[PDB]
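Contents of the following structure include zopolrestat.
In chain A, numbers come from the PDB entry; the residues present are 2-315, in order. The header says X-ray crystallography, 1.6 Å. The basis for the numbers below is simple: all heavy atoms, side chains too, and nothing from hydrogens, waters or symmetry mates. One-based numbering, in listed order, for ligands and for the atoms of each.
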Amino acid sequence: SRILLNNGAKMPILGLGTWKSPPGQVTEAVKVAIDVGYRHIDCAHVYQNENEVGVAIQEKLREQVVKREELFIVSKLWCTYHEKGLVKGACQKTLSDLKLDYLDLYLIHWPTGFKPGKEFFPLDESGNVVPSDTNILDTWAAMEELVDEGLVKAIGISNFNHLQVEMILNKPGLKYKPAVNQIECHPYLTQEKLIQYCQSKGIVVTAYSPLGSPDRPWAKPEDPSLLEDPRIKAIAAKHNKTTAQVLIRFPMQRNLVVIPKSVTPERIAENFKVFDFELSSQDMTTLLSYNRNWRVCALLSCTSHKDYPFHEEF
Ligand SMILES: NC(=O)c1ccc[n+]([C@@H]2O[C@H](COP(=O)([O-])OP(=O)(O)OC[C@H]3O[C@@H](n4cnc5c(N)ncnc54)[C@H](OP(=O)(O)O)[C@@H]3O)[C@@H](O)[C@H]2O)c1
Ligand SMILES: O=C(O)Cc1nn(Cc2nc3cc(C(F)(F)F)ccc3s2)c(=O)c2ccccc12
């Protein structure tokens, strides 16, 4: 149920996502999750609910349902903090909100730096995001210092394409390799090329939006529905499991970590019940065949950033 990272630590292959979890409901969602067995929580400052996640974690530690060493807590450096001088402060705010004295993993959330300020998405008068003149290698060095200071046990990246991964790997004076690349991944966006690249470099891949993020605020009704894909439902039926459970088990069997989000206690529990069955090799290849290169997570206003990651093939 855990995978070995290149930093020597073990990461649970199933975690709870918290993007879009309302602040008034996420405390209970994370308490329920830890009660039913989750030991990995995926967080971010930009999700604006870390204080409330933190309440849950702290309460379960206080109740001795879990000890700190058994938890694997992940957070992410937001785009407006890529400057070398801001990275520590961003990490300590996340730590302060989560009521932790270290993070198990801290990720560069997106490869694109934006102008620092109070705005998460600073725009110019015509709507383009205002970039920062920070490059991912200086940002990376600043992340490495967090390891040396003991604020984080591992560092990694997210939404980096393979040329941007390669840039870090080739960084002159590279001190800690990224441990994880967290990317969008589901049967409509299977990422075989990027995943193979990352794994071949011993970088663990975490698959986000594994259910297709049907609650993403920019969803359109024309938009496909993984959960309602009758081919996926048939595979679930074959296994006496729900479609969500198949969608969660699928990345696990490609040696990925996967982080489904839910604030519904029945679904939190359901999503955890994925260790009692296995998809066949043929099931796996069939699921891979549904790839559409359909990406649910990105943003127009950022398309001219120099470091925009999805122009590349992979
Ligand atoms: N690094 C990045 O840039 C990045 C980007 C996107 C996401 N992520 C991370 O990955 C997580 C997961 O991705 P996501 O939030 O985009 O979406 P997701 O996990 O693919 O989908 C969550 C949606 O599915 C619903 N759902 C959950 N379990 C279900 C089940 N068993 N049956 C039916 N519906 C179910 C949830 O509903 P309820 O909550 O109402 O139950 C919610 O509407 C995020 O929360 C975040 O932690 C990271
Ligand atoms: O980030 C989350 O975890 C989920 C997430 N995704 N997106 C879609 C995005 N698309 C991007 C594209 C770039 C780009 F690199 F391409 F420029 C940079 C940054 C982003 S945010 C959002 O706009 C967002 C807003 C608030 C909280 C979470 C999110």
Name each chain or ligand corresponding to zopolrestat, including duplicates. ligand 2
Supply the name from UniProt of whichever chain has more contacts with zopolrestat than any other. Aldo-keto reductase family 1 member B1
Could you list which atoms of zopolrestat come closer than 4.0 Å to a heavy atom of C298? 6 (N)
Shortest protein heavy-atom distance from atom 12 (C) of zopolrestat, along with the residue and atom involved: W111 CZ3, 3.4 Å
Using a strict cut-off of 4.0 Å, indicate which atoms of zopolrestat neighbour a heavy atom of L300. 10 (N), 11 (C), 12 (C)
Nearest-neighbour protein heavy atom for atom 10 (N) of zopolrestat, which is reported as residue plus atom name and distance: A299 C, 3.1 Å
Mark up the atoms of zopolrestat that fall under 4.0 Å of a heavy atom belonging to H110, in ascending order. 1 (O), 2 (C), 3 (O)
How far is atom 24 (C) of zopolrestat from the closest protein heavy atom, and which atom is that? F122 CZ, 4.1 Å
Structural part of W219 in contact with zopolrestat, heavy atom criterion under 4.0 angstrom: side chain
Does some non-hydrogen atom of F121 fall short of 4.0 Å from zopolrestat? no
Does only the side chain of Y48 get under 4.0 Å from zopolrestat, or the backbone, or both, or neither? Count heavy atoms. side chain
What part of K77 sits under 4.0 Å from zopolrestat if we count only heavy atoms: the side chain, the backbone, both or neither? neither
PDB source organism - chain A: Homo sapiens
I'd like to check which zopolrestat atoms, numbered from 1 as shown, lie under 4.0 Å from a non-hydrogen atom of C303. 14 (C), 17 (F)
Tell me the protein heavy atom at minimum distance from atom 28 (C) of zopolrestat, and give that distance in Å. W20 NE1, 3.1 Å
